[PDB]
J.: 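I have a PDB entry of silmitasertib bound to Dual specificity protein kinase CLK4; a few questions follow.
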Amino acid sequence: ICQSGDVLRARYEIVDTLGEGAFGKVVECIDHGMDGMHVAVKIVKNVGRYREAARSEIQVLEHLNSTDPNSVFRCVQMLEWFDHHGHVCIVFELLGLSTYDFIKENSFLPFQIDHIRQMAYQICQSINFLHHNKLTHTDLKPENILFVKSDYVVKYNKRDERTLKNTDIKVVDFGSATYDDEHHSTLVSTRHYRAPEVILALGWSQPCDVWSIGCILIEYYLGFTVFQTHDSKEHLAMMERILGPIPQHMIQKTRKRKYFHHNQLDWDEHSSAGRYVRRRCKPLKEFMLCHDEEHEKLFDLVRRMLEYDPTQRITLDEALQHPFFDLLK
Ligand SMILES: O=C(O)c1ccc2c(c1)nc(Nc1cccc(Cl)c1)c1ccncc12
């Protein structure tokens, strides 16, 4: 099935597990057919659910390769796919650590505002390309943003701390990507990066990605997940504490009645969970570690990404032309 030394399509020799999930595994292989060069191979376990989903992911990746074969817009490059005894195998270019894992290995230290500016721009560009081709990723998170090379310099400070030689990224995991004119799932996104219109089941499209990007940028800035919760009402409570009250037209629209009471969130601030929310969250501007002009610009862009109403949320067309990105051009 999957072993170190095992060979796929008479070619790819597994030499290291790079990670695991509910789908299966992603392994590093030596490609003997390309005189040794390393690749990453997503092996999908033989559950009928994951098999049919992979064939949709494959279709998206072929689409992105067709429209952008040279990865101008930084989507991961699929090299081939094949069946290996019931397991769907997808071969990818070999990339570095995820932006999540880099933080994790760097003592949970945040990225410097200048690295954030570069990465944010690349992320926005990549996802805007998806949005102009009638796609929504739906699952953007730091784990799905990977460095091309994770090469770092160690500099003693309090002890050892890491800095990227290069911040160029790629976006991975198109297994949930959805076209405009296709069946939209009810529930999308990993919990922490999920937009309020999803939680409230009002229907979603492109803008839900922008919300996720917002969540990602904050997490880069602070070095920790802002919505650390496994409960939807609590999640909504965290949003209100950070962002202000949920707009009334959205509360009126939702069928999710259990969250509300008289069109206000049914949340007790003086509970065990209420105390947890309050010590973990605060109004957005109060998160600013430094009070520079560019930090104000960043927090302005983030606020616009974290607009409650998806119809009023900043688009990525607009985001790319935001003052925060001026210092890059
Ligand atoms: O899904 C894709 O499209 C996808 C595409 C490429 C990679 C990937 C996922 N995941 C990687 N690593 C990884 C890290 C943590 C957990 C898991 Cl399951 C995998 C990885 C590593 C090195 N090069 C390319 C990749």
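Note that chain A carries the PDB entry numbering, so the residues on display, from first to last, are 150-306, 310-481. Recorded method is X-ray crystallography, 2.5 Å. These numbers come from the heavy atoms of this one structure, side chains and all, not from hydrogens, waters or symmetry mates. Remember, it's 1-based here, ligands and their atoms both numbered in the order they're listed.
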J.: Every copy considered, what are the ligand or chain positions of silmitasertib?
T.: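 Counting every copy, ligand 1.
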J.: Quick one: what's in the binding site of silmitasertib at 4.0 Å, using heavy-atom distances?
T.: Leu167, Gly168, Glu169, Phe172, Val175, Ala189, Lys191, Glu206, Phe241, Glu242, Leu243, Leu244, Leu295, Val324, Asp325
J.: If you take the residues UniProt annotates as binding ATP in chain A, which of them have a heavy atom under 4.0 Å from silmitasertib?
T.: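 By heavy-atom distance, the UniProt-listed hits: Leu167, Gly168, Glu169, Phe172, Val175, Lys191.
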J.: Return yes or no for this condition: an N or O of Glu169 is under 3.5 Å from an N or O of silmitasertib.
T.: no
J.: Would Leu244 count as a polar contact of silmitasertib, with the cut-off being nitrogen or oxygen pairs under 3.5 Å?
T.: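 Such a contact does occur with silmitasertib.
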J.: Please name the UniProt domain of chain A that makes most of the contacts with silmitasertib.
T.: Protein kinase
J.: Output the list of atoms in silmitasertib that are nearer than 4.0 Å to some heavy atom of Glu242, sorted by atom number.
T.: 23 (N), 24 (C)
J.: For silmitasertib, is there an N or O atom under 3.5 Å from any N or O atom of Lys191?
T.: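 For silmitasertib, there is an N or O atom that lies under 3.5 Å from one belonging to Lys191.
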J.: Name the source organism of chain A according to the PDB.
T.: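 Per the PDB, it's Homo sapiens.
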J.: Which UniProt active-site residue of chain A is nearest to silmitasertib, and how far (heavy atoms, to 1 Å)?
T.: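 By heavy-atom distance, the nearest UniProt active-site residue is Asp288, 9 Å.
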